[PDB]
There are 2 protein chains.
Amino acid sequence: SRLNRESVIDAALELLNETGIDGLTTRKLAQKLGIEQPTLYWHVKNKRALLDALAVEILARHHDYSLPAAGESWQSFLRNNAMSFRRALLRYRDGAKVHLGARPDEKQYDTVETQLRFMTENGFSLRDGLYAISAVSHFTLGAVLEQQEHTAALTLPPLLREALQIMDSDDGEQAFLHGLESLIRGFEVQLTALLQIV
Amino acid sequence: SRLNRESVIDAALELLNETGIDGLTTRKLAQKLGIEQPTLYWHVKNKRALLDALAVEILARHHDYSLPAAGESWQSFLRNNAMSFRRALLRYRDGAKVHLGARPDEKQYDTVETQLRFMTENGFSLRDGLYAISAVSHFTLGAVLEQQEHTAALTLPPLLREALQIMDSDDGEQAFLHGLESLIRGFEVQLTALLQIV
Ligand SMILES: CN(C)[C@@H]1C(O)=C(C(N)=O)C(=O)[C@@]2(O)C(O)=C3C(=O)c4c(O)ccc(Cl)c4[C@@](C)(O)[C@H]3C[C@@H]12
Ligand SMILES: CN(C)[C@@H]1C(O)=C(C(N)=O)C(=O)[C@@]2(O)C(O)=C3C(=O)c4c(O)ccc(Cl)c4[C@@](C)(O)[C@H]3C[C@@H]12
Ligand SMILES: [Cl-]
Ligand SMILES: [Cl-]
Ligand SMILES: [Cl-]
Ligand SMILES: [Cl-]
Ligand SMILES: [Cl-]
Ligand SMILES: [Cl-]
Ligand SMILES: [Cl-]
Ligand SMILES: [Cl-]
Ligand SMILES: [Cl-]
Ligand SMILES: [Cl-]
Ligand SMILES: [Mg+2]
Ligand SMILES: [Mg+2]
């Protein structure tokens, strides 16, 4: 079939939903495209470069709240951004594992730069703005993962019994959204304090 | 060599530091113990059961702030617990990936039950106490991971340039500890509010 970049990525994402990250191989990617392994290699050198590519395209195709809206609050931007990043990670099987094994890439450079500039324009130091952005990022990847490598594994005292019922009634959305607010109000308490003891 | 449980786990952890999670195989575990593959199989049926075992023993050997101290505040307990869980995950190569692929096990049942009871005794609902515990857990696993599958990968605009310098001056400890406080103050703001609009 066509082996332009955007066709190869299309096929590899389709393969990732079928196999999960651990079973995604270049060998299986060549079979799906109808080509011999040395043909694929001219296009894709290894699994790592494939995964680097998928991590970037997943956000480029599906992460549509990369950037704050005109005049949006930093609070509203972190909420929207986090929700967008979660949805984009959940869209493909092992999406979070695909994300984690990858470089904040040339192509994204100016997106992540804009995010940091926006935090500093809203009264954060670079360090504290980066700590907020990183915290939201780590919390969000941790939640999405838990689910996703949860499901991978499977292919009581009473409170733990009720809690596993609770955590498995939606798919971590409630718990995700409640922690998101907790974390944002924490940053705002920190920001407002300045040099006051808090 | 000896193939009691605690010897097999000792050898497998030693293997995990040498290979990382992706290269840990039962075949390599049998070679390290000086035994044939069918001998290992009587003891260990597959990689998954091995990883299930390692995840539990890692916390049992190294997570020493599972339980709150006599009269400790819930705030102080979440801080200490999170720091303990981070240290225990970082102790072995791909520790966080080992954690994620595993069941809150029979053996841990009463530990995690105690944590939830302690939150409800401190004025949290079961749901809100579970949301706090889960948030701390997801944030902590997300941070530790980023590092660990960061390093796996490797084997600029100015703010991003300074920020990668910042994130890579300690090993995420500062950023981890700052988000930890943000998250705890967020839970306390939520808890104190009751039914007030907040
Ligand atoms: C989830 N959200 C907060 C951020 C986001 O929306 C991103 C985006 N491409 O739109 C990211 O790349 C992020 O999701 C993302 O992945 C980031 C990230 O991985 C990262 C790493 O690894 C190292 C240094 C930095 Cl400065 C970053 C960093 C801050 O750029 C984050 C940003 C987040
Ligand atoms: C990091 N810390 C907050 C907790 C902790 O210290 C644990 C421990 N064994 O000492 C955990 O198991 C935890 O680190 C841990 O791993 C938990 C966990 O995985 C989990 C899962 O997967 C499903 C349901 C529940 Cl209720 C839990 C849960 C709440 O027990 C958490 C607890 C945390
Ligand atoms: Cl072509
Ligand atoms: Cl193309
Ligand atoms: Cl491969
Ligand atoms: Cl294959
Ligand atoms: Cl707003
Ligand atoms: Cl023996
Ligand atoms: Cl034993
Ligand atoms: Cl194996
Ligand atoms: Cl092997
Ligand atoms: Cl205390
Ligand atoms: Mg990232
Ligand atoms: Mg866990």
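Chains are designated A, B, ... according to the position of each sequence line. Heads up, chain A uses the PDB entry numbers, so what you see runs 2-156, 166-208. Using the numbering of the PDB entry, the residues shown for chain B are 2-156, 166-208, in order. Keep in mind that the numbers below use all heavy atoms, side chains included, and drop hydrogens, waters and symmetry copies. Whatever order the structure lists them in is the order used to number ligands and atoms, beginning at 1.
- Drug at ligand 2 (options sorafenib, radezolid, lometrexol, chlortetracycline, tovorafenib): chlortetracycline.
- In this entry, more contacts with chlortetracycline (ligand 2) come from one chain than from any other, and UniProt calls that chain Tetracycline repressor protein class D.
- Counting only non-hydrogen atoms, chains lying under 4.0 Å from chlortetracycline (ligand 2): A, B.
- With a non-hydrogen cut-off of 4.0 Å, the residues around chlortetracycline (ligand 2) amount to A/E147, A/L170, A/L174, B/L60, B/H64, B/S67, B/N82, B/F86, B/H100, B/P105, B/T112, B/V113, B/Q116, B/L131, B/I134.
- Counting the atoms of chlortetracycline (ligand 2) from 1 in the order shown, those under 4.0 Å from a heavy atom of B/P105 are 20 (C), 21 (C), 22 (O), 23 (C).
- At the heavy-atom level, UniProt-annotated tetracycline binders of chain B within 4.0 Å of chlortetracycline (ligand 2) are as follows: B/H64, B/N82.
- By the definition of a contact as any protein heavy atom under 4.0 Å away, atom 24 (C) of chlortetracycline (ligand 2) is in contact.
- Proximity to A/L170 (heavy-atom distance under 4.0 Å) selects the following atoms of chlortetracycline (ligand 2): 26 (Cl).
- Atom 21 (C) of chlortetracycline (ligand 2) is approached by the protein to below 4.0 angstrom, counting heavy atoms only.
- Proximity to A/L174 (heavy-atom distance under 4.0 Å) selects the following atoms of chlortetracycline (ligand 2): 23 (C), 24 (C).
- For chlortetracycline (ligand 2), the atoms closer than 4.0 angstrom to any heavy atom of B/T112 are 10 (O).
- Inside a radius of 4.0 Å around chlortetracycline (ligand 2), the other ligands and ions present are ligand 14 (magnesium ion).
- Taking every non-hydrogen atom of B/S67 and a distance limit under 4.0 Å, the qualifying atoms of chlortetracycline (ligand 2) come out as 10 (O).
- Set against the non-hydrogen atoms of B/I134, the atoms of chlortetracycline (ligand 2) under 4.0 Å away are 3 (C), 29 (C), 32 (C).
- The UniProt annotation of Mg(2+) binding in chain B and a heavy-atom cut-off of 4.0 Å around chlortetracycline (ligand 2) together pick out B/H100.
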